[PDB]
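In what follows, every chain begins at residue 1, and chains take the letters A, B, ... in the order their sequences are listed. In what follows, every heavy atom counts, from backbone to side chain, and hydrogens, waters and symmetry copies are set aside. What you see here is only part of the deposit, and the contact count is restricted to that part. All ligand and atom numbering here is 1-based and tracks the order in the structure. Per the header: X-ray crystallography, 3.4 Å.
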Amino acid sequence: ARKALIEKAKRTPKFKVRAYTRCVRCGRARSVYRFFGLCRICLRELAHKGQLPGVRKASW
Amino acid sequence: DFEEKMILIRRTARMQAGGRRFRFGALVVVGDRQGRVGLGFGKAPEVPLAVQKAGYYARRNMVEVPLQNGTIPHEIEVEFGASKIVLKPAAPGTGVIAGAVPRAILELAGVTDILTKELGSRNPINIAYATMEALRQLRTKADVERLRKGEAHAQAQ
Amino acid sequence: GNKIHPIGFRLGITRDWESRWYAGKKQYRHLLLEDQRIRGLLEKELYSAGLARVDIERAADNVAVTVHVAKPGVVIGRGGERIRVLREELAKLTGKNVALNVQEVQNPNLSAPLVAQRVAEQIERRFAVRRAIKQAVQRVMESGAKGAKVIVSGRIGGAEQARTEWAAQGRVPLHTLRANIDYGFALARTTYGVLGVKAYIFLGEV
RNA sequence: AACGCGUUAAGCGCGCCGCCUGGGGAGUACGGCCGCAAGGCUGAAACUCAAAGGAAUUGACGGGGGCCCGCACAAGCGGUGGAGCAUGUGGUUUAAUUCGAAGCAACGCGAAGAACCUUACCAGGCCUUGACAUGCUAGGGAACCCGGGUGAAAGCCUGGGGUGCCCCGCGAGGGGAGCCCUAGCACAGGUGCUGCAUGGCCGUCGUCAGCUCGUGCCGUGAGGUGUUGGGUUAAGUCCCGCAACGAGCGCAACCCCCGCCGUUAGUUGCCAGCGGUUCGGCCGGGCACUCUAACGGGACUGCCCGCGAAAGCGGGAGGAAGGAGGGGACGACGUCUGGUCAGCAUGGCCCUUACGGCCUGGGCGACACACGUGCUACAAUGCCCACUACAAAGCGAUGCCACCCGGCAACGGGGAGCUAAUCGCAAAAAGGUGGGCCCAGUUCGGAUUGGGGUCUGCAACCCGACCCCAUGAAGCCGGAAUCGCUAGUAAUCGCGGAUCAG
Ligand SMILES: C[NH+](C)c1cc(NC(=O)CNC(C)(C)C)c(O)c2c1C[C@H]1C[C@H]3[C@H]([NH+](C)C)C(O)=C(C(N)=O)C(=O)[C@@]3(O)C(O)=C1C2=O
Ligand SMILES: [Mg+2]
Ligand SMILES: [Mg+2]
Ligand SMILES: [Mg+2]
Ligand SMILES: [Mg+2]
Ligand SMILES: [Mg+2]
Ligand SMILES: [Mg+2]
Ligand SMILES: [Mg+2]
Ligand SMILES: [Mg+2]
Ligand SMILES: [Mg+2]
Ligand SMILES: [Mg+2]
Ligand SMILES: [Mg+2]
Ligand SMILES: [Mg+2]
Ligand SMILES: [Mg+2]
Ligand SMILES: [Mg+2]
Ligand SMILES: [Mg+2]
Ligand SMILES: [Mg+2]
Ligand SMILES: [Mg+2]
Ligand SMILES: [Mg+2]
Ligand SMILES: [Mg+2]
Ligand SMILES: [Mg+2]
Ligand SMILES: [Mg+2]
Ligand SMILES: [Mg+2]
Ligand SMILES: [Mg+2]
Ligand SMILES: [Mg+2]
Ligand SMILES: [Mg+2]
Ligand SMILES: [Mg+2]
Ligand SMILES: [Mg+2]
Ligand SMILES: [Mg+2]
Ligand SMILES: [Zn+2]
């Protein structure tokens, strides 16, 4: 998250290959789940508040 | 309902694997300046939890005092440890001359005038119940000729 | 850093999710992104009202933003004046059916995140670090809670040596699932930095 | 002082003696005295340090002991270290090879996806209220949308289309909100620093049985007791004892998975009997059982002989399960000033026409080496070509792609089904049947090369994966050292998901 570098990935690019996601909540595109638009740090951090519906804590 | 000064506090060390651990200790007086007076010594994890506790022990550890015109009935001396405590009556106008800790305890117990010295070892705590004992042991011109003589009392008086 | 978040443990065991919907793979990604705007604006403003738990139930493009809060008439204003200013400022961000309610935090000591806040405030407020935390807890077994515990955790009192503190009382048993405990993360800001705070309350075994 | 003394006093008193007066210097010097001598006796100071000490407490520690446990060692299986390749890493090199991780507890770890992008790095072409926020003042501009020129792209010079909304007004048209440009100012922004100024979250000793408080008891106290001893326990689990009695955070249970069974349920799953059958649960019909998810039942040392004050323990009966049945989530007070300012958050130091910003290309992949992790091997319990069976879990309507045709093939073309128990990835593979190889650097092995193609993609030279042909390297089971696992585990064999065009 260099501020302007959330933006180099927000707007649409010269060619379609450059289409890399990022986190809405912090702007680390290093490990991101295109199902949460979120990363692993976030996904827990949040899931740990129950702010993501149906996201349970797992065990078997 | 008891007015209560405070004598001394300290932090003491235990130990353990990885860093020390502690506990704090609080020397506390009590006393309706006309007669009575207690002392406590309180240990506890956080400070004023102790200072509060030390106040407890003092309520039970009470010593009525023979008092006589705000002063001490006879002379007196007592040892306890290697800390040697002196008292001695002073006249109207000479007043709580005594270092740090008898002052605290004598005042609150109710003395106007008194003379005083401390001896050898000076550690508060000894000189504390040095004097708690010095005072447990004061004796009165009547408590007395009715300790002795009083074999056949009320023939004498 | 050894242990686990209490709420995120009882996820449908002795708690509940705030945002309670359904969603498809298409929708959940965007749909949730929305809630984290709803809950960014809603928060940022409502602060000095004492906002607690923010429900966001959902039907077919009908959002259902409930709100638990200390002080319902600093959400309101006079009459119904300032609640309207927002109720659309959300439909201004959604682009849809914001039903933004209000629900008072009845007993305020008996709900953690508040408890956390006022303390983190009191630290911002340059108060007596210890006593803050003592009285913090104090009031919690004074309002009638089963267990209390507050964890002040910074460069405390203005010191260069970073430590931590706390106290507690009563049952604090976070290894019992069947014990309902509320976590409060606050996060004071003082001239020397930033000093996160915690607060756990037990209400009862079920 | 405490240790301990304790009618053998270190208890309570009388007499007399000698002796001490802070550590070092120092049992030295000076002087006298004694002895043959070695030396002794008597015995200082100058200077220098804030101590030198005494008992005692909690810990830590011992090449001190006593008693328990962990795949800690042994008893057993299989590997690494050697070989080639894959991946991190050390060192070198570099215009830069961006960063951080550091004994176990850094090393297929941040990367659950580096061709530009990511990208902090380097070389060039550039932007200056800036890719971004809420604004202020002066002046022009509706917003906005289309084209050319120069160019590696950015960037810059420039042609045109457009002139809505609010208030006043008959009107030209001025005022206003938005947004737009030019100049200036607030300021933006920084993956600049310090994890040893923090938050939080993580690792770890450690799922080890430990860590503590209250009231009281005991010491002048730090402190002890409790928690210890004996029995028992995966445990501070519990039984008995005790100056203790209980509680708080741990253990444990309540949550999930798997094991048996019952209640509600019969679709897109299921087929034991009956009807029809294009022989395909295909259709009628049924929901029996398998499955399918939701809730409940059940295991308690309850029963028996034995052992035992008891807790417990050993063997058994019944039971699907037996002493917690297997597995998961679950990590106590604290330590290592352990980890990261490189997710985010923030004190502070630091730049702000430059570290900030945009861009095309180059780089994290370089290679005299070294380690750390894994893959495939070195083959006969095997390699290979056919025919032949038996899985669970997950993904997919911007995708999964049954079949059909073309091609030796990757794949291309055409195209039916599927919001997914209905359709598809889908071939499960070791196993089975049948046959080929016959100890060979081999039909073992599958490197590294020569050429030919397919695909994703603006774009495969750096620097991709896959197809076919030809090349057929090291290595015949591995030095000293060293790793994992106690049962459906170890080994061995296949499937899947996330990330992501590839
Ligand atoms: C080198 N020393 C003087 C040092 C200095 C600092 N910080 C500073 O000097 C900063 N001081 C300021 C405030 C800027 C004036 C330091 O901050 C540190 C250290 C020590 C290191 C030691 C590290 C070590 N290994 C990993 C290199 C290590 O083995 C351990 C360990 N115990 O296992 C560490 O703790 C270590 O990683 C570490 O933390 C250190 C420092 O933090
Ligand atoms: Mg930042
Ligand atoms: Mg991409
Ligand atoms: Mg003496
Ligand atoms: Mg002295
Ligand atoms: Mg004796
Ligand atoms: Mg001297
Ligand atoms: Mg062995
Ligand atoms: Mg750094
Ligand atoms: Mg690049
Ligand atoms: Mg640290
Ligand atoms: Mg470091
Ligand atoms: Mg450090
Ligand atoms: Mg255990
Ligand atoms: Mg005592
Ligand atoms: Mg007991
Ligand atoms: Mg203990
Ligand atoms: Mg004991
Ligand atoms: Mg217990
Ligand atoms: Mg049917
Ligand atoms: Mg039939
Ligand atoms: Mg547990
Ligand atoms: Mg270390
Ligand atoms: Mg790398
Ligand atoms: Mg064909
Ligand atoms: Mg095809
Ligand atoms: Mg051979
Ligand atoms: Mg084991
Ligand atoms: Mg696989
Ligand atoms: Zn993220």
Drug or drug candidate at ligand 1:
tigecycline
Determine the main partner chain of tigecycline by heavy-atom contacts and give the name the PDB entry assigns.
16S ribosomal RNA
Chains contacting tigecycline (heavy atom, under 4.0 Å):
D
I'm trying to map the binding site of tigecycline - which residues have a heavy atom under 4.0 Å from it?
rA102(D), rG103(D), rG195(D), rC196(D), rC336(D), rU337(D), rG338(D), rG339(D)
Okay, next: other ligands or ions under 4.0 Å from tigecycline?
ligand 13 (magnesium ion), ligand 23 (magnesium ion)
